[PDB]
Each structure stands twice: as C-alpha cells, then as structure tokens.
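The structure appears right after this line, and notes come after that.
Quick note: numbers on chain A are straight from the PDB entry, i.e. 3-262, in order. Side-chain atoms are counted along with the backbone in the values below, which use heavy atoms only and exclude waters and symmetry mates. Indexing begins at 1, ligand by ligand and atom by atom, following the structure's order. This deposition comes from X-ray crystallography, 1.7 Å.
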Amino acid sequence: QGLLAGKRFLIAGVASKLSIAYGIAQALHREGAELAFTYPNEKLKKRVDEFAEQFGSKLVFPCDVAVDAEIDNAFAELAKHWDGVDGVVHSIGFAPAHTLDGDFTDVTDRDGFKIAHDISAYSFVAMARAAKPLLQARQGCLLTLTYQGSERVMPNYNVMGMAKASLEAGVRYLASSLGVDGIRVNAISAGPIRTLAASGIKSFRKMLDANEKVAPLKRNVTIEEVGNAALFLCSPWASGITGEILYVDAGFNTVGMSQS
Ligand SMILES: NC(=O)c1ccc[n+]([C@@H]2O[C@H](COP(=O)([O-])OP(=O)(O)OC[C@H]3O[C@@H](n4cnc5c(N)ncnc54)[C@H](O)[C@@H]3O)[C@@H](O)[C@H]2O)c1
Ligand SMILES: Oc1cc(Cl)ccc1Oc1ccc(Cl)cc1Cl
C-alpha cells in the first residue's frame, strides 16, 4: 500500500479498459488509492459500475458535464461518502464529429465550437469549483489531459485544438486561484493512444504512425506510461509542481522533423 495509501481520488472519463482514465485508475490503485468514478449517461452506467467493482469501488455517480446540476450533485453525493478528496482526474473531451472531418475554416460552426469548448475546457473549471470544498479538506490536486494540437496544427484536430488551448490556459488560471489553498492543478499532454475517442478522428492512424517514426524513443506511448505520470502528478512527490503541462509523448513535441 505504497505511495497513495489512505488517499482518495475521483476519476471522470472511463469509457473502456482502453481509456486513458482507466490506465490512470490502474496506476493510482496499484499505489493504494481508493477510487470513485463518474459516468456520462445511462448506457455507460453499466460499464462504469463493472470497472469500479474491478478497483474495489462501489462509488459511482452520474456526471454529464454539459449539466451544471449533475456536476454539483456528483460532488454532493461524493461528500456523503468521503470527508475529503486527495485528487480529481478530468479525462473528458468531445466535439461534434463533423467539426473534426474536413477543412477547419468550412466545418467549424458556432454550435460545434460551443460544444467542443463547453465539454472539453469549461467542464474542468466547473469540476474544480464543485470539488473545491472536498479538495480543501485534504489539500487535494486536480489533473486534466491535453494534446499538442493546442500548440501546433494537427490534421482534423481542428476546433479541439482551440478547446485544448483554452483548457491549458484554464490549468494556469486554476493553479493561481487554488494554489493559496495548497491545491495543485496540472495537465498531461499525451501522445496518440488508441482509445474509443481516438477511433473517430480520421487522421489518428497518421498521427500514431508519425509519432512512432519521429519520436526520439521511436515508439508510441501507453496508458501505463500516461497512468504512471498521472500517479506522480497526483502524489506528494509532485508537491512543488503546479500549473504544469507534462508531455508524455516519447519526446515527439521536441522534434522539428526526423531524419527523412
Ligand atoms: N487517446 C489519445 O490519443 C489522447 C491523446 C491526448 C489527449 N487525449 C485526451 O485524453 C482525454 C481522454 O480521452 P481518451 O482518449 O481516453 O478517450 P475515451 O473515449 O476513452 O474517453 C473520453 C471520455 O470523455 C467522456 N465524455 C465525453 N463527453 C462527456 C460529457 N458530456 N460528460 C462526461 N464525460 C464525457 C466520455 O464518456 C469518455 O469517457 C480527453 O481529454 C482526450 O482529449 C487523448
Ligand atoms: O484529444 C485527443 C487527441 C487524440 Cl490524438 C486522440 C483522441 C483525443 O480525444 C478526443 C478526440 C476527439 C473527441 Cl470528439 C473526443 C476526444 Cl476525448
């Protein structure tokens, strides 16, 4: 029971055992954390129930982040079980499919823009607000996930690149707001990983192949590697670290073009 013994974390974002949020769950659990989970809808409820049970948790709450009331209620229900929280992991993204398929200028309509930012960036700030009393109780941390398409153009990432740039600025604004309470706020910028959301971005196979060919370690990263980095940033070993975007991409972001 070894780095996170006695600590409690809420995990939002598990869709399958392939999910980044699932590899994060696995790493925190391996070092002693007790876990709670959210689900976005009725259909997902059944799967998240099973996954939680696998980590030895009966703490499973609805949280569609489009709805203020569900965010608020998720943390209200959580506080009936836990008197404080050591961490909240936000591993959630969405944009309507059409926004990610085609020319950016033509396909980025108002509502598609609205939804991508609302789900993928606003929701982190809303979760942080709702979590604040429970995080204050234990000087808990916040963690979210981002992608380098915020800083450089990636094919068909499109408005998700805007929303991720917004999320990363949020990580800094949150860190400054919550830091006085000892609440650290960080993000991992992961390399491409084959998840359910990944199927559904048409350029994903090309991104995954480019990352394998170009990254200094010449291979793709895993949810275990992302989970392990998440474990570090959620632990006391990262007590000097806040507002940080940690790249877990095998060094890809550092290369301008590989040797041919
Ligand atoms: N897989 C990758 O290559 C990759 C790389 C870098 C960053 N990311 C980011 O990692 C995070 C995790 O995604 P993933 O790749 O694990 O995909 P995933 O499909 O496993 O997870 C996406 C999750 O978002 C949740 N979600 C979507 N809309 C929601 C709503 N309204 N309310 C609550 N939850 C909602 C989904 O239910 C799902 O659980 C996302 O922010 C994604 O942008 C992914
Ligand atoms: O951000 C991501 C980056 C990569 Cl390379 C792969 C998957 C990603 O995650 C998503 C991409 C599109 C949608 Cl609609 C929702 C999510 Cl969660």
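- In this structure, the drug found at ligand 2 is triclosan.
- In this PDB structure, the PDB entry names the chief binding partner of triclosan (ligand 2) as Enoyl-[acyl-carrier-protein] reductase [NADH].
- Residues of other chains with a heavy atom under 4.0 Å from triclosan (ligand 2): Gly95, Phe96, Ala97, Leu102, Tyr149, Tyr159, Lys166, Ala199, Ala200, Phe206, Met209.
- At distances under 4.0 Å from triclosan (ligand 2), the other ligands and ions found are ligand 1 (nicotinamide-adenine-dinucleotide).
- Within the listing of triclosan (ligand 2), atoms 3 (C), 5 (Cl) sit less than 4.0 angstrom from a heavy atom of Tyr149.
- Contact annotation for atom 8 (C) of triclosan (ligand 2): protein absent (non-hydrogen atoms, distance under 4.0 Å).
- In terms of protein heavy atoms, atom 1 (O) of triclosan (ligand 2) is closest to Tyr159 OH, 2.6 Å.
- Within triclosan (ligand 2), counting atoms from 1 as listed, the ones closer than 4.0 Å to a heavy atom of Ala97 are 14 (Cl).
- Scanning the protein heavy atoms around atom 10 (C) of triclosan (ligand 2), the nearest turns out to be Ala199 CB, 3.7 Å.
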Taking a 3.5 Å cut-off between nitrogen or oxygen atoms, can you list every pair linking triclosan (ligand 2) to the protein, with distances?
{"residue": "triclosan (ligand 2)", "atom": "1 (O)", "partner": "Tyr159", "partner atom": "OH", "Å": "2.6"}

